[PDB]
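A deposited model with ertapenem (bound form).
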Amino acid sequence: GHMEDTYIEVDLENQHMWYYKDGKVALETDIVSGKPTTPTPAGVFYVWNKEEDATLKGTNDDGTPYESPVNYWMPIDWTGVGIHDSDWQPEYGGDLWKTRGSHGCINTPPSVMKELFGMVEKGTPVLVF
Ligand SMILES: *C(=O)[C@@H]([C@@H]1NC(C(=O)O)=C(S[C@@H]2CN[C@H](C(=O)Nc3cccc(C(=O)O)c3)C2)[C@@H]1C)[C@@H](C)O
């Protein structure tokens, strides 16, 4: 269980992302989670911050630091993951995460994770599964 019924939610299996307001969604979007080599965990993560013109930095699973200046970012925790809008990725659908192999988190459409930033609040829960 997480909070009142509001949260970001994803389904990697089904490569689809959501926002949830009212236990129902605010967002419905198609995504791509992280690559098979370094899979996404799915379960319960947390947007304790929603972002605008964020930058997805860090280090690759290889030890190769990176950046991805994102329009909208939810730096979620304890899992490494992070849901975000992805203007750089033109695909979302059936399993891209394996073929396109994008890092470890969920690559959400630029149009939706904005909405998100607009509905989710610092403290909203994040899910992928
Ligand atoms: C979505 O993919 C999201 C982030 N991508 C990555 C990623 O690893 O590329 C993660 S996991 C996160 C990345 N930064 C940490 C990490 O792996 N550090 C690391 C890894 C290997 C070696 C070193 C080192 O030598 O210091 C460090 C964990 C995350 C889902 C957004 C932000 O792009």
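Along the sequence shown, residues are numbered consecutively beginning with 1. The figures here come from the full heavy-atom set of this structure, side chains too, leaving out hydrogens, waters and symmetry mates. Counting convention: from 1, in listed order, for ligands and their atoms alike.
Put simply, copies of ertapenem (bound form) show up as ligand 1. The chain sharing the greatest contact count with ertapenem (bound form) is, according to the PDB entry, erfk/ybis/ycfs/ynhg. According to the deposition, the covalent link from ertapenem (bound form) ends at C105 SG. Taking every heavy atom under 4.0 Å from ertapenem (bound form), one finds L56, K57, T59, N60, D61, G63, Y66, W73, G80, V81, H103, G104, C105.
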